[PDB]
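Throughout, residue positions are numbered sequentially from 1 according to the sequence presented. The figures here come from the full heavy-atom set of this structure, side chains too, leaving out hydrogens, waters and symmetry mates. When a ligand or atom number is given, it counts from 1 through the structure's own listing order.
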Amino acid sequence: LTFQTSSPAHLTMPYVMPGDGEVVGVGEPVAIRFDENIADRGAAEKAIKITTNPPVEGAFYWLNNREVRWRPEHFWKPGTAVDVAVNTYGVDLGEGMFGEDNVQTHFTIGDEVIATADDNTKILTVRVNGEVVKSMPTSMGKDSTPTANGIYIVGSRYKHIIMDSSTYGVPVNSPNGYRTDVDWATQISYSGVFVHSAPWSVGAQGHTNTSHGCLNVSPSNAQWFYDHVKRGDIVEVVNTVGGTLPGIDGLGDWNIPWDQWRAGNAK
Ligand SMILES: *C(=O)[C@@H]([C@@H]1N=C(C(=O)O)[C@@H](S[C@@H]2CN[C@H](C(=O)Nc3cccc(C(=O)O)c3)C2)[C@@H]1C)[C@@H](C)O
């Protein structure tokens, strides 16, 4: 260990996901987010060593100037072990900004869990290692506020959460504002798409889209989803009238074509 002198106004710390020792789904990218913008992305990439077992080819792609992602071309093979060494201590990351410390994470890939929300049937079907285990009626985004098609990575889950218009700039007492209690909410996009309990749309679920974009399901089915899906599992939306989820959403990584992802956006 060689010591590096430092200043609190020229240091940046990396933060790695997923957590050390976690079991995650086949869609989980390695994520390294810095608490500062990174001027020299190539220097950050050269300081990060990702190794996998069984070994698979992967590559870095930056979602923005703060966070880089690493993933293979296809979903992970279940049982894969992944080691992440972020060896940024003392590294010159550009513009007088230096890496504050090293971080090391290890994680493993669990079962393959892919839930397909098909707008033609209004059914969300969960497959585990290829086998259907659950079929849930759903109501997705109305035509004016559709659910985007594409591959979504499961993120955080909440027993209870408040959806509040103030966060998008719309006061609660506006014609378009809302303050909504939601149970059993599984996040699948940073943009705000959740699978969640929607008692108010149970008659439409399986029939017609009435949501602002979220995947409405019954209270019991939402609780089931909360219990059985984990960070890194996949939700694929198909056949809606929306476009495609943006690749740099935060959970939209798999919608970027591999040739573009692998080419990267550092150098
Ligand atoms: C489920 O539907 C889920 C929310 N509900 C949302 C909504 O009410 O629109 C969306 S938020 C997401 C952020 N980008 C788009 C969007 O167009 N937001 C928007 C809509 C109207 C006005 C404004 C504005 O002026 O700021 C922004 C959709 C998401 C699916 C939970 C949180 O209800």
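Found at ligand 1 is the drug ertapenem (bound form). Contact analysis gives the chain with most pairs under 4.5 Å to ertapenem (bound form) as the one UniProt calls L,D-transpeptidase 2.
The heavy-atom binding site of ertapenem (bound form) at 4.0 Å consists of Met163, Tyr168, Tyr178, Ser191, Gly192, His212, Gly213, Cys214. For atom 12 (C) of ertapenem (bound form), the nearest protein heavy atom lies under 4.0 Å away. Of the protein's heavy atoms, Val170 CG2, 4.1 Å lies nearest to atom 25 (O) of ertapenem (bound form). At least one protein heavy atom sits closer than 4.0 Å to atom 4 (C) of ertapenem (bound form). Nearest protein heavy-atom neighbour of atom 9 (O) of ertapenem (bound form): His212 CB, 3.8 Å. In the deposited model, the covalent adduct of ertapenem (bound form) forms at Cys214 SG. Restricting to residues UniProt lists as binding substrate in chain A, the heavy-atom distances under 4.0 Å from ertapenem (bound form) involve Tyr178, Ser191, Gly192. Remark: minimum distance from atom 32 (C) of ertapenem (bound form) to any protein heavy atom is reached at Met163 SD, 3.2 Å. In chain A, UniProt Ca(2+)-binding residues less than 4.0 Å from ertapenem (bound form) by heavy-atom distance: none. Listed by atom number, the atoms of ertapenem (bound form) under 4.0 Å from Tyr178 heavy atoms are 5 (N), 6 (C), 7 (C), 8 (O), 33 (O). When hydrogens are left out, the protein atom nearest atom 29 (C) of ertapenem (bound form) is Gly192 O, 3.6 Å; that is the closest non-hydrogen contact. For atom 7 (C) of ertapenem (bound form), a protein heavy-atom neighbour is present inside the 4.0 Å cut-off. Closer than 4.0 Å to atom 16 (C) of ertapenem (bound form) lies none of the heavy atoms of the protein. Within chain A, UniProt domain annotation places most contacts with ertapenem (bound form) in L,D-TPase catalytic. Considering backbone and side-chain N/O of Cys214, one or more are found under 3.5 Å from N/O of ertapenem (bound form). The shortest N or O to N or O distance between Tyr168 and ertapenem (bound form) is under 3.5 Å. Protein heavy atoms all stay at least 4.0 Å away from atom 19 (C) of ertapenem (bound form). For ertapenem (bound form), the atoms lying closer than 4.0 Å to a non-hydrogen atom of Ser191 are 11 (S), 12 (C), 13 (C). Among all UniProt-designated active-site residues of chain A, the one at the smallest non-hydrogen distance from ertapenem (bound form), rounded to 1 Å, is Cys214, 2 Å.
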